[PDB]
> 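Lab note: structure loaded, ligand of interest is (-)-galantamine.
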Protein chains: 2
Amino acid sequence: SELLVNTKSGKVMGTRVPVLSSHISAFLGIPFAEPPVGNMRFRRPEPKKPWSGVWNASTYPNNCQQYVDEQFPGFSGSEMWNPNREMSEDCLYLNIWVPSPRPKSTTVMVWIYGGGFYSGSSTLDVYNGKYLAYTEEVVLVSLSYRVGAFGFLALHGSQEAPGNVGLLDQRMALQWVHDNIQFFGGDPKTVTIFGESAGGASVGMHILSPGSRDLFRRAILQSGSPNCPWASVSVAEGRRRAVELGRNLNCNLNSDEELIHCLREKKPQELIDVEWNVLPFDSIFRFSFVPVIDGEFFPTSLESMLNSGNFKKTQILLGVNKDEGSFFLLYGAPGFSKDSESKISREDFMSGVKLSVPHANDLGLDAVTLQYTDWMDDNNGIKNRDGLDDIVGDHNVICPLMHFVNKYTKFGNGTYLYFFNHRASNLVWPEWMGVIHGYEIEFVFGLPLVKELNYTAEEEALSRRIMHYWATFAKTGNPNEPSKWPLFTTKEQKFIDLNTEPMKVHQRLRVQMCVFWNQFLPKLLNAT
Amino acid sequence: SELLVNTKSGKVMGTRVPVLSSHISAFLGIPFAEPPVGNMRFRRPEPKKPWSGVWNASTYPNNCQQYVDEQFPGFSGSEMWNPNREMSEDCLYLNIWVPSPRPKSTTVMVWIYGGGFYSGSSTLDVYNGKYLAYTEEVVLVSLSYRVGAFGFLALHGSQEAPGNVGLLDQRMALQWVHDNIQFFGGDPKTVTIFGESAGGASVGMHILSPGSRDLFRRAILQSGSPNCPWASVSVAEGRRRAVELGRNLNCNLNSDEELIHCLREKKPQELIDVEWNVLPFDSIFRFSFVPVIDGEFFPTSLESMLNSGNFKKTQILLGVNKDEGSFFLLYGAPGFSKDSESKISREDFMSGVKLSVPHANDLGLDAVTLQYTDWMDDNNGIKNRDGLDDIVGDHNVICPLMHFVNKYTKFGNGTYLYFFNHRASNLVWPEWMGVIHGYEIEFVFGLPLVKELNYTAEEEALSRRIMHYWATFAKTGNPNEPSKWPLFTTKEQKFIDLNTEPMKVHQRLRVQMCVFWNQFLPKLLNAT
Ligand SMILES: *[C@@H]1O[C@H](CO)[C@@H](O[C@@H]2O[C@H](CO)[C@@H](O)[C@H](O)[C@H]2NC(C)=O)[C@H](O)[C@H]1NC(C)=O
Ligand SMILES: *[C@@H]1O[C@H](CO)[C@@H](O[C@@H]2O[C@H](CO)[C@@H](O)[C@H](O)[C@H]2NC(C)=O)[C@H](O)[C@H]1NC(C)=O
Ligand SMILES: COc1ccc2c3c1O[C@H]1C[C@@H](O)C=C[C@@]31CCN(C)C2
Ligand SMILES: COc1ccc2c3c1O[C@H]1C[C@@H](O)C=C[C@@]31CCN(C)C2
Ligand SMILES: *[C@@H]1O[C@H](CO)[C@@H](O)[C@H](O)[C@H]1NC(C)=O
Ligand SMILES: *[C@@H]1O[C@H](CO)[C@@H](O)[C@H](O)[C@H]1NC(C)=O
Ligand SMILES: *[C@@H]1O[C@H](CO)[C@@H](O)[C@H](O)[C@H]1NC(C)=O
Ligand SMILES: *[C@@H]1O[C@H](CO)[C@@H](O)[C@H](O)[C@H]1NC(C)=O
């Protein structure tokens, strides 16, 4: 039977699912690790013990314990990101969509979900792998990993809560794919890991980490890169945040063991309820528990690894969306709201920049402000709203990614860069947010091919070429079929726009602003 | 007789001069101070003792001792600025052009020549007052003052070389105009002082200095203002430069008196020959001996005076030219030369910015560089040449003037701002220099009305309206006759272009760059 697969871990039984009036097989909720519960909370993951019998893999698994978004109760725009399954610490599962009839040795794609390292689920409707698996004939895998404190509480030096275990969860799922995807007809020597935002920063982290490199072939990073200012912290900051967490729960703080034992006695929601209280600054785009530069998963600082070429050398395809910062200003900067045009006053502009560059002294805040202010028209509310949007996006997503791509390309084997700027005709968010962080995912997963979601025909056509670009690149290391998406080179620095109009090639994506964020501002904060 | 005038200092006899086929009277070379020679070198000026008999004022006087420009032997472009009379320390004279028949009580204009405080002459062909005096019916006065070390060597605390004596020379001539211009038919209650570059910074200095305020009614400043970074130094830097001068002449340096006596024994050319050796940095747009913030002529720092309104409150008309920095890059930055297009390499760009902002640390040089570099096209030689031109102009002339005008307007009684951007059809300098520092003077003095200088008809028409704007403003405090040159207000900040096309009004002249030079960069250099 087509729905039965025997793996090294045991037999698994899937289900047949309809797709664009055809069908494919899906093996949902396959365990790849022991449940990280009880005494295992905060611990490195453990491989799933093989099982006898047949594992029912016909339905989605639980989602990991996480902070649930309540800013807009019932609004689809935000609920589309919330867990759509029961939450549980027992959540280390993966899902596989397999073309029918079962391939023999085809291209494999593994998706790593985003969510600021504090949230996320592999079961979201926007991550439904059937459309892509079906249309491009690829074996599509979505893994899961512990988020928030469960995945990233870091007490460096302790073996009970070393930090980075959520990255180790991802690595375990990648190991499982490597060892078993052949039984589902996937070629383990041709697996592309792709992810968006924290998922994309994760993909870059596996590119850097010696212990992850051998487990995949190529990578795609969407609106995220390993060096993002919000994607990692030092072991000292990690420790300070773990201790502050314990301090919020009235924990004994005398030794690592006393703190960890207390945190392990608390119910999941107890940690989630005080998680946000540990940030060091009033800020936007900063999350409590994230990866730590520990000298293990990351042997040295991310910058020294990037500079010395200490990373997996292969082909990469990555890019950003036009209005990366809007999602974040809506949620936390004064003057912005879901139902107004959010024209921003000069005062709110300034408290907006302060929130965006939390770690900056005054000279630094002035530098940012001057750089983004049109002084011939300083009281223009649209200009102040769009300027903050750019500040947030350039600093947190775009410039860090442009710095990664320029460092990577020096040693890599091929880079393809895109700028996604199509505003979906059916976007439920206000127009002022533009082409929002996370909204290229739906085109990557092919949602525009299902008529009921009522997208336009050109949006469907757009989705199909992005899907074919991603799959052709996973299969060959080149998105083009033998108009061309040119290779990004350290000399030419070319990239393409991704939208419904005829492909247009450009160069040096946001260089002016990125020289300010990658070279000037850091020098300024280091001197003063 | 029309050419005979009896003043409080004695009888003076002028000469009749032809102008645009008519005639006016000129009284050239009238002494207003005792010759500042011998033991008076470096000393405050002394009033000219009255003389009996008649003073022959039919020919131009000597020019003060100065560094003579030899960069382009015989090239009219540079020779037009050089002394065209014998140089001598006996040079404190003034010239008057008087309408014929002699007016009874008409508008008076006194011109203060520029020359970086180290050079200049009232007798240059571009300063010929006959055209203006004749066309607008004004009594036009050009004064003179000691430049270089003779006018500005400063050993604060000493009464023998206190500094600022060149400013005191100007003040003495203004005092003489005040006391005697009525005899030439000028109205001493309606005198406008106007000057260009160091002359314009001087005009601003008389506006600030308590001891000069009462001697004039209104002011016009051309491409210069008192707070220019090159127009004044501290008493300590002044002293250090005077001592270094003495050190270049093998002077005894044990006490002020020993140093001053030695400097007074040297022939004029001996001081001029080593004058440039005392600058503290390798720089462009910096001159050795300039005014000193001494607590006397300038009671407190220029900025605190500007901020507190400690200055003469009246109407002012001022402005700048489009390409203020080119003259200076030609003379001293690598990559620039008179006979090539001077496309500048990225390396020369950078040594150009270093030369332009001499007092800046590295962080500061990087700030300037980032601010003026188009990173999508960093190797564009035209862009690098024009960028340096702007840097030099914005930092040394334009932004300082915009800072003065905004501080002044808060307390003044009326401001008119212009941006002069007409490139003369007969300019002998290369095209790459654009609308050069000093080249609006010829239009202010009406040279385009004499056909032999072969200007175009629209350039003549341009000269006539600038001449009438300047004179109507000197006469009334408003350049407009009752299309309008609007008043510059702290709210609207309006200004006009001055060229051969229909008047166009704009606002916030170079605000973007001037916020960088007047607010950001100073804060940066103060922090780091
Ligand atoms: C990716 O790597 C391969 C080699 O591992 C590159 O192909 C080689 O290109 C050189 C030219 O410098 C040839 O001499 C070799 O014979 C090629 N090897 C093979 C097996 O093709 C390829 O150019 C690299 N791509 C990029 C963009 O760097
Ligand atoms: C220049 O100063 C004069 C006053 O010295 C200003 O004219 C006065 O304007 C006020 C209005 O606020 C009237 O009440 C006075 O009666 C006016 N005085 C005279 C004698 O006219 C004039 O507005 C000032 N100009 C500018 C641009 O500030
Ligand atoms: C690092 O960026 C993120 C930080 C927080 C959140 C999201 C982020 O990226 C967005 C897209 C997707 O990756 C998942 C969740 C996001 C959208 C929903 N919000 C409420 C939570
Ligand atoms: C502060 O600016 C100056 C510094 C030096 C010089 C000049 C300056 O302004 C120019 C215009 C006019 O004022 C007089 C001389 C200038 C032109 C001739 N050069 C050689 C000397
Ligand atoms: C698999 O699990 C689902 C969900 O509880 C159940 O409804 C379905 O019938 C199961 N199939 C088998 C054979 O266990
Ligand atoms: C499709 O469009 C209809 C028509 O208004 C709307 O009611 C429906 O909610 C849309 N469906 C989706 C998935 O948005
Ligand atoms: C004035 O001086 C000039 C220059 O030397 C001389 O030629 C002229 O005749 C003089 N006039 C008188 C009356 O002294
Ligand atoms: C006027 O134009 C002529 C014609 O070429 C030229 O020879 C002369 O030098 C010009 N005069 C001036 C003042 O430049």
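Just so it is clear: chains get the letters A, B, ... in the order the sequence lines come, proteins before strands, and each one is counted from 1. Remember, it's 1-based here, ligands and their atoms both numbered in the order they're listed. Excluded from the calculations below are hydrogen atoms, water molecules and symmetry mates; all remaining heavy atoms, backbone and side chain alike, are included.
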> By ligand number or chain letter, where is each copy of (-)-galantamine?
ligands 3 and 4
> Give the name, as used in UniProt, of the chain with the most heavy-atom contacts to (-)-galantamine (ligand 4).
Acetylcholinesterase
> Find all other chains that place a heavy atom under 4.0 Å from (-)-galantamine (ligand 4).
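Going by heavy atoms, that would be B.
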> Quick one: does B:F117 get a heavy atom under 4.0 Å from (-)-galantamine (ligand 4)?
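Judged by the 4.0 Å heavy-atom criterion, B:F117 does not count as contacting (-)-galantamine (ligand 4).
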> Which organism did the depositors list for chain B in the deposit?
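In the entry, the organism is Torpedo californica.
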> Identify the closest protein heavy atom to atom 14 (C) of (-)-galantamine (ligand 4): which residue and atom is it, and at what distance?
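Here the closest protein heavy atom is B:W81 CE3, 3.6 Å.
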> Measure the distance from atom 20 (C) of (-)-galantamine (ligand 4) to every protein heavy atom, then report the residue, atom name and distance (to 0.1 Å) of the closest one.
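I find the closest protein heavy atom is B:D69 OD2, 3.4 Å.
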> Considering only non-hydrogen protein atoms, determine which one is nearest to atom 9 (O) of (-)-galantamine (ligand 4) and report residue, atom name and distance to 0.1 Å.
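Sorting protein heavy atoms by distance from atom 9 (O) of (-)-galantamine (ligand 4) puts B:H437 CD2, 3.3 Å first.
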> Check B:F327 against (-)-galantamine (ligand 4) and report side chain, backbone, both or neither, counting heavy atoms closer than 4.0 Å.
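It is the side chain that touches (-)-galantamine (ligand 4); the backbone stays farther off.
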> In the protein, what heavy atom is nearest to atom 1 (C) of (-)-galantamine (ligand 4), and what distance, to one decimal place, separates them?
B:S197 OG, 3.1 Å
> Out of all atoms in (-)-galantamine (ligand 4), which are within 4.0 Å of some heavy atom of B:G116? Include the element for each.
1 (C), 3 (C), 4 (C)
> Heavy atom of B:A198 under 4.0 Å from (-)-galantamine (ligand 4)?
no
> For atom 5 (C) of (-)-galantamine (ligand 4), state whether the nearest protein heavy atom is under 4.0 Å away.
yes
> For B:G114, counting its heavy atoms only, list the atoms of (-)-galantamine (ligand 4) lying under 4.0 Å from any of them.
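Selected atoms, number and element: 13 (O), 14 (C).
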> Got the closest protein heavy atom to atom 11 (C) of (-)-galantamine (ligand 4), with its distance?
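Checking every protein heavy atom, the shortest distance to atom 11 (C) of (-)-galantamine (ligand 4) gives B:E196 OE1, 3.7 Å.
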> When you measure from atom 7 (C) of (-)-galantamine (ligand 4) to every protein heavy atom, which one gives the shortest distance, and what is it?
B:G115 CA, 4.4 Å
> Enumerate the neighbouring ligands and ions of (-)-galantamine (ligand 4) below 4.0 Å.
none
> Considering heavy atoms of the protein only, find what lies nearest to atom 19 (N) of (-)-galantamine (ligand 4) and give residue, atom and distance to 0.1 Å.
B:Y118 OH, 4.3 Å
> With a 4.0 Å cut-off on heavy atoms, is B:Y113 in contact with (-)-galantamine (ligand 4)?
no
> Name every other-chain residue that has a non-hydrogen atom under 4.0 Å from (-)-galantamine (ligand 4).
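At that heavy-atom cut-off, the residues are B:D69, B:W81, B:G114, B:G115, B:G116, B:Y118, B:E196, B:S197, B:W230, B:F285, B:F287, B:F327, B:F328, B:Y331, B:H437.
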